[PDB]
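Entry featuring estradiol.
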Number of protein chains: 2
Amino acid sequence: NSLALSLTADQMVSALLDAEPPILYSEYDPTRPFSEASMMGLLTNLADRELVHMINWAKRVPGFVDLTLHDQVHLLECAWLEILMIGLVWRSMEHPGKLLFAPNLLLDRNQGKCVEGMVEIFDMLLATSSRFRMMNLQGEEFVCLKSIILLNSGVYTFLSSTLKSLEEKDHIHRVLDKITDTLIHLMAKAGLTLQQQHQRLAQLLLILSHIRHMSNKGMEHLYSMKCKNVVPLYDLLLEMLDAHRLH
Amino acid sequence: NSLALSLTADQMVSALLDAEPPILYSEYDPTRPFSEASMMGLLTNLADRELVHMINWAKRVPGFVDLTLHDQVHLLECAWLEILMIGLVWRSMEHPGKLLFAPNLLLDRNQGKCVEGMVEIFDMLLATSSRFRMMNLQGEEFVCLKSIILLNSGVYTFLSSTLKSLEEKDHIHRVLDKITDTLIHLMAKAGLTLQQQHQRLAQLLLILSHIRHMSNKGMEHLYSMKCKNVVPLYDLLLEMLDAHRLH
Ligand SMILES: C[C@]12CC[C@@H]3c4ccc(O)cc4CC[C@H]3[C@@H]1CC[C@@H]2O
Ligand SMILES: C[C@]12CC[C@@H]3c4ccc(O)cc4CC[C@H]3[C@@H]1CC[C@@H]2O
């Protein structure tokens, strides 16, 4: 029972709002064509650099510092790729058929093909990117999901199975609900019926499964581009990919 | 605008209830020890046989026959492994630390180790299996999720991108919401507050992401056991695994 558990909806929101990270750029080189390695670079490079903030952003979430330190690393490394992606989709909200990676690196399904196996995912992000537009997502709702991912993705599969374990699991859940009261609130504050409020909470959350899915698939891709000596040796990024210990 | 879109909550439910498939058994052979192939068999074998029903169950869902035929195959083959798993978890609800695969094949984390890479997942299902218990899930709620998976998992990533496409996407969504009105209803009918009704809808859905996740991981496992000439050549199962076209 700490901070988070008290904050009024708006409070919750502003916090979440003010806690956001900066929109990076990319030393994008439009001078030369992207190869199944050139872009990969730009991409993995952006990722790596974004992750530094994402970690700081992390601590800024409510109730997140209240978890054990290892657990946070656990949550943080279980949901990152999703966080990168939910960010991307939002970023690319406005410009359909395009993925505003960075205000400088704006790609379309085409460059997607430059890199292998890359295409699919891109479209997966694209569609999600649309489903958001078609829903008229809202910066407030976004930040809610963003954090929700951080808290869900990985909660069930923690690092423990003891008493402090069933406590943490219980905190994360308590925070989560608070986040819901908030979400459901930003909708009353928009004039939705009760029914609409339900239905929208669903609509949103459900997407998250698709994200979970994209995140899963993307990760497989990345691990394959690494087993191809194409991915720059990025300390941080490698660390997050390794946490998944996938094959 | 067909059937589904009308059915009263209960109507929706009973339908969903009556539409359920039978709980299979397994020609389980407790006579001899399971090897990283013996069990695999039992498992993949159960899977294959369950899938026959799951397909029939499918048609029994509302609004599902209203989709194009290819799309249904699409949805059905995009969410199956999840459907098997959400089934399993429910089945194993009552007996913690155990996974009631079939009323005859009841395993624990141990046998899980018999097969390789198998352990992890098992625990993932276990925890989910618990999270359900700790929530006192309800047969009514279950069938709702079950179908919800069928409808979500794969909707965004359909087979088209034309007009009839944006229609189907629009139907599936309309059905989904109806399912939500139902869920939210089975909770009023249980005496939950408004707040509780929100919070629970979340709690449930959110899990679905974990399922999405487990389903993703499991699939990778299965495809690896196949690349190990350990998996029996099961027509149906192979077909579903192939739809994912994973690497
Ligand atoms: C990890 C990948 C490279 C980095 C990409 C990125 C990089 C930065 C960012 O903010 C979002 C994303 C989303 C998709 C990611 C890709 C999915 C497949 C690819 O390997
Ligand atoms: C597909 C696997 C074998 C079949 C298993 C099954 C088989 C039948 C069923 O009703 C549920 C499940 C859930 C987990 C599945 C497993 C996940 C990994 C393994 O390869």
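The sequence lines are taken in order and lettered A, B, and onward as chains. In order, the residues displayed for chain A correspond to 304-550 in the PDB entry numbering, which applies throughout. Numbering, chain B: per the PDB entry, residues 304-550 in sequence. Both ligands and their constituent atoms are indexed starting at 1 by order of listing. Computed from heavy atoms alone, side chains included, the values below leave out hydrogens, waters and symmetry copies.
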What would the PDB entry call the macromolecule that lies against estradiol (ligand 2) with the most contacts here?
estrogen receptor
Which other chains are in heavy-atom contact with estradiol (ligand 2) at under 4.0 Å?
B
Wondering about overlap here: which UniProt-listed 17beta-estradiol-binding residues of chain B have a non-hydrogen atom under 4.0 Å from estradiol (ligand 2)?
B:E353, B:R394, B:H524
Where, in terms of UniProt domains, do most residues of chain B that contact estradiol (ligand 2) sit?
NR LBD
What would you say the binding site of estradiol (ligand 2) is, if we count heavy atoms under 4.0 Å?
B:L346, B:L349, B:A350, B:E353, B:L387, B:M388, B:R394, B:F404, B:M421, B:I424, B:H524, B:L525
